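By convention in this document, chain letters (A, B, ...) are assigned in the order of the sequence lines, proteins followed by strands, and residues within each chain are numbered from 1. Numbering of ligands and ligand atoms starts at 1, following listing order. The deposited model was determined using X-ray crystallography, 3.0 Å.
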Amino acid sequence: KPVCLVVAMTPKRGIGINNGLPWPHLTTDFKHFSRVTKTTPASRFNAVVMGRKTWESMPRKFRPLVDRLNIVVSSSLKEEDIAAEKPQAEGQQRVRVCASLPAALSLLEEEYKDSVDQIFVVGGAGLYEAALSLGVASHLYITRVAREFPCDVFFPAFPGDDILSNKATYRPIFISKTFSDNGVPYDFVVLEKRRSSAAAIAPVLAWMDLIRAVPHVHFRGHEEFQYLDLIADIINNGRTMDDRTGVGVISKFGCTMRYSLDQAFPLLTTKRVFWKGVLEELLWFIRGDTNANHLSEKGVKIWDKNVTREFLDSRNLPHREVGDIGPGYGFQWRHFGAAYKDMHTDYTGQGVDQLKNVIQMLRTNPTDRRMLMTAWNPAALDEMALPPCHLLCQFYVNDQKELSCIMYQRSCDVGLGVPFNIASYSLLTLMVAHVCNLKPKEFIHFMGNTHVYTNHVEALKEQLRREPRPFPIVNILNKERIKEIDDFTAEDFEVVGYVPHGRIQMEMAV
Amino acid sequence: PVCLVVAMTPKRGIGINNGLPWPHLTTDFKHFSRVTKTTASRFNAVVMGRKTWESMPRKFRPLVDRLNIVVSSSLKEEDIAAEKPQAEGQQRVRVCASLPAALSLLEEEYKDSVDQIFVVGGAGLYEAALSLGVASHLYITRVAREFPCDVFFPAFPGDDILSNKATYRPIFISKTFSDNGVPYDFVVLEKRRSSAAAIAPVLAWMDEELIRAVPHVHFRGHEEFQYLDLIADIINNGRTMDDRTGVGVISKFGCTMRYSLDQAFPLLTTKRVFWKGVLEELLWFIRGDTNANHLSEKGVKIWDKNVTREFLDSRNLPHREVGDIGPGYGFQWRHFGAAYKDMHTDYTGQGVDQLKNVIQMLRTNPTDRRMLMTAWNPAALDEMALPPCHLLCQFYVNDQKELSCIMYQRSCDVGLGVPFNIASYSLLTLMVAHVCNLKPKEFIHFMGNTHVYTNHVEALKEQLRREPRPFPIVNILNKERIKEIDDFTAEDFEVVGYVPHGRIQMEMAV
Ligand SMILES: NC(=O)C1=CN([C@@H]2O[C@H](COP(=O)(O)OP(=O)(O)OC[C@H]3O[C@@H](n4cnc5c(N)ncnc54)[C@H](OP(=O)(O)O)[C@@H]3O)[C@@H](O)[C@H]2O)C=CC1
Ligand SMILES: NC(=O)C1=CN([C@@H]2O[C@H](COP(=O)(O)OP(=O)(O)OC[C@H]3O[C@@H](n4cnc5c(N)ncnc54)[C@H](OP(=O)(O)O)[C@@H]3O)[C@@H](O)[C@H]2O)C=CC1
Ligand SMILES: C#CCN(Cc1ccc2[nH]c(N)nc(=O)c2c1)c1ccc(C(=O)N[C@@H](CCC(=O)O)C(=O)O)cc1
Ligand SMILES: C#CCN(Cc1ccc2[nH]c(N)nc(=O)c2c1)c1ccc(C(=O)N[C@@H](CCC(=O)O)C(=O)O)cc1
Ligand SMILES: Cc1ncc(-c2cccc(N3CCN(c4cnc(N)nc4N)CC3)c2)cn1
Ligand SMILES: Cc1ncc(-c2cccc(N3CCN(c4cnc(N)nc4N)CC3)c2)cn1
Ligand SMILES: O=c1ccn([C@H]2C[C@H](O)[C@@H](COP(=O)(O)O)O2)c(=O)[nH]1
Ligand SMILES: O=c1ccn([C@H]2C[C@H](O)[C@@H](COP(=O)(O)O)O2)c(=O)[nH]1
């Protein structure tokens, strides 16, 4: 009696154009559709109910949908029209035609009470709209396509449609990890209409034996749940400490996350991440550049507060020009151990080029276990505006030419920095994979002092009420031009299908 | 349906002079109470021998909320009537002439009143119960230290759970506890001879999918299961690769373990770990010593194969004397960045003493987030006999003056090195805690390239068939004398209650 809806949908609720699908073929989505509509426990089949145009949109070879009772809602098509279109295969059910959705559901009760198990409404907008109006839909199986495409047909507005993009309810109980086919990111959600072996162990367990992110979500496949759960874990279980800043901190020690890079890109969705910032900083690092004015001048001000006259003096660096971070990250990457003078100097050929070494080892001997890059130079710390937070990274290639990367971070501002750090090293992994002819597989985040500032806790709690959106894809453009790590520009990247929730203001502790 | 509850030394010792052999173990008593009390209006019964009844302090006898039965021919029910004032709600103590009689009485006069029957000592009752074959389960507290005893729990098939020599197999192994300088743990042996319905179909298509360590053990509380499961995980899921050595490897990337240091010490038990080796190497590191002959001369040969004329030449270090590891681990700890000459040189005051800095920061500003030590100096790598494996560690103090330590290891020989590395940095944590007036809490192991050599897999599979024993305690002796990190000697340590399985020979891949 209670129907399910099954649908794939752009963020703007688009489902169709020109009586076809808006996107190229999404293989995994089709598998899912088939598997959800066919699978059943009994001589009980499922029924699929569809509109006339949806029936017409389907290629002849696939229609009628096999092993499923097909019902078409139409006032023009007759059952004989359909029977005449293609010969009924033995064992399959003869396609029914009904005048409306109510009629289709009556027919299912009247003529098929003992025959059908589940009822699926499978489009188009006519049927989705009616089903929601009648209030007979218990569950929505929604494939969220993260890219927008030209569409002329749309899934109707519904309470809970904030799962799709920014503006009885339908709340998500299931959010998968991000898939991709043909350069299209997407994921799967399910919404629900809302409004004496063990007996011997038991007594010993008994004596031996709160903030949660979107707790209604039971299957937490989306990899962003690692970040969301880490926020909750620190707030619930962390310890309140003082620190350098004078601001409060709640901290934990020794934390881990890992993000797939093969299908999509972990640009967190639960608040907008400053992508221009990640890209510009990483290119700056790669250059060995220590002049934060080069960032500031492009609208990336992340380093400004730590390179003021004031902050440099608090660090006993009176001789530093404003903007000079000293021998920080990129300097140690490209010139480890070289004698620093200032940000204006040519250091070409001084010290160890760790990045070159890593790349050359990846290209020639990828089973080597010493493919590390470090920014932590105890001899140079006092000369830096700030000791590095992300201080070491290690590369690994498997049997399939898949590249993984670990980064160790001594100090993790979970609220502000962590999302930015995830994106930064995930991007570096993409860039290195490309230049070494490898496939990016995984970014692995190892975290030391993992903390949330006290002045962030109330904003972070709001963030935890948001369900994640599918991750976008990052494409490297102009691959043919790009042969070395130094070749990348700010323009050779495309972020595809990024649909985050709004910015949340969070003040940087200087 | 009877269960035995007992605490026992590795040699099966239970008693001396009609008392317990050990000082009071608080957690064991909690456990005993909780197991025997926890349950309708149905109580548990405890059955005990006369001497056991006499051994118990009057304040605790009879055992509250439990039907007490004493097995004796000399003692009388009436004696207990007037021995002590009887509370309402509690059951009158019964006396029976034998264990068979106690069990008959339970059937005859307490058919439905009682749930579980517990035999609670002493050797008279344990022996009878095992002879009758009426015991289904053993609740055994394994005391890891040996004590003078005159009374022993009987030999039983499966008593190899206690020390090295119808069956009793362990189904439960807890983590290691300690009270009054006594390590112990808890085992249980068993006598042998539509929210989810909507999610279901989507989960089914998403999973399109075997070594296990002592699989009969269902509750896997012992922290050594992290190591055992990591072995299994690599063998099951790892990828076969070549490597530097020419030997096969099966590898994974990005692995984690963490070990409590507050109660006991993670010296793995499933094979004997070379403790003299860990202690001597760590002291050597702390000295800044780079002469492996100093280790070799004490019977610690771990560095010999990597400091031969042959190996040094394969590394293009002809000018190195045999035994000179170059500017490796301890050199970088105590003298980061100093110009190396040879192992005979005084480097006092050259480079950065990272260990001193960490300790001074712990003693003066323990909320600082830069308490790191690194051995990874890209400028010096080519001069080293071997690039360091354990390359970075970070310290952390919470609000309770508890010290935790993270160590990052780029390359992990799971078979040979890992157990040794766990012990090494856990020990360093103890030493640092003491000298900084802190309480050791936790060692956290972060692992990069995590591998098992192919020529170890056969031996590792044997290792996985062994149940872990309780972890020992490591005590620092002569605490009063020891005020700085340099003060420790090879003699200021005591390892208490270590009862590992036998050595397993595993060749070092050179
Ligand atoms: N991305 C996705 O998940 C999905 C994509 N699609 C796309 O959607 C499009 C087709 O959907 P759409 O254009 O909305 O057409 P529909 O599938 O809704 O079919 C429209 C026709 O069906 C009949 N009908 C529908 N609703 C009613 C109603 N309430 N009462 C009576 N008759 C009704 C009428 O047939 P008649 O006029 O003969 O009486 C009507 O003209 C295509 O582009 C297709 O590719 C389809 C399914 C899902
Ligand atoms: N570590 C642990 O977990 C525990 C250890 N203990 C220790 O054990 C010691 C006492 O144990 P133990 O010396 O064996 O004494 P018991 O407590 O077993 O009592 C022995 C007496 O019980 C009676 N009895 C024993 N066996 C039988 C039998 N098969 N049939 C009939 N009557 C029997 C006899 O008294 P009678 O002649 O009157 O019948 C015998 O002298 C103490 O040191 C105590 O601290 C005790 C509890 C648990
Ligand atoms: C990490 C790192 C590099 N850094 C450097 C940097 C320097 C000092 C720091 N200090 C503290 N206390 N926390 C930090 O995260 C931090 C980060 C950054 C600094 C600022 C922003 C920032 O202003 N954030 C963006 C939004 C980014 C996001 O969504 O997370 C903004 O517009 O505010 C980002 C990165
Ligand atoms: C890590 C580390 C220290 N080290 C240093 C060290 C040096 C080179 C290495 N090389 C390789 N390939 N694997 C290693 O584990 C390794 C370890 C060790 C070296 C040897 C032994 C050894 O031959 N067996 C020990 C058993 C110790 C144990 O139980 O783990 C013995 O008793 O001889 C142990 C530790
Ligand atoms: C190239 C191509 N074009 C179309 C199809 C195809 C085959 C069978 C059915 C369909 N439909 C397209 C829309 N459908 C659908 C697809 N995906 C979800 N999640 N829900 C749906 N209702 C079911 C109907 C499309 C397969 N391959
Ligand atoms: C100082 C002190 N001395 C003795 C006791 C005490 C109190 C009640 C009972 C006992 N027993 C000691 C040994 N017992 C026991 C203890 N622990 C386990 N695991 N099994 C057991 N059977 C039960 C008998 C000991 C408590 N406190
Ligand atoms: O890439 C970065 C740079 C900085 N920080 C944060 C961590 C701390 O909150 C702060 C630096 O303070 P200390 O860890 O140096 O005390 O900046 C990050 O999280 N990531
Ligand atoms: O403390 C140590 C030192 C060495 N190794 C092992 C790891 C590797 O098997 C080998 C080092 O060889 P490379 O990682 O340099 O290839 O020694 C350890 O596990 N722990």
> What drug or investigational compound is present at ligand 4?
CB3717
> If you rank chains by how many heavy-atom contacts each makes with CB3717 (ligand 4), which has the most, and what name does UniProt give it?
Bifunctional dihydrofolate reductase-thymidylate synthase
> Which chain letters come up when looking for other chains with a heavy atom under 4.0 Å from CB3717 (ligand 4)?
B
> Can you figure out the closest UniProt active-site residue of chain B to CB3717 (ligand 4)? Give the heavy-atom distance to 1 Å, please.
B:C389, 6 Å
> Which substrate-contacting residues per UniProt in chain B have a heavy atom closer to CB3717 (ligand 4) than 4.0 Å?
none
> Could you help me figure out which residues touch CB3717 (ligand 4) at a heavy-atom cut-off of 4.0 Å?
B:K271, B:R272, B:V273, B:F274, B:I302, B:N306, B:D413, B:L416, B:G417, B:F420, B:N421, B:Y453, B:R503, B:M508, B:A509
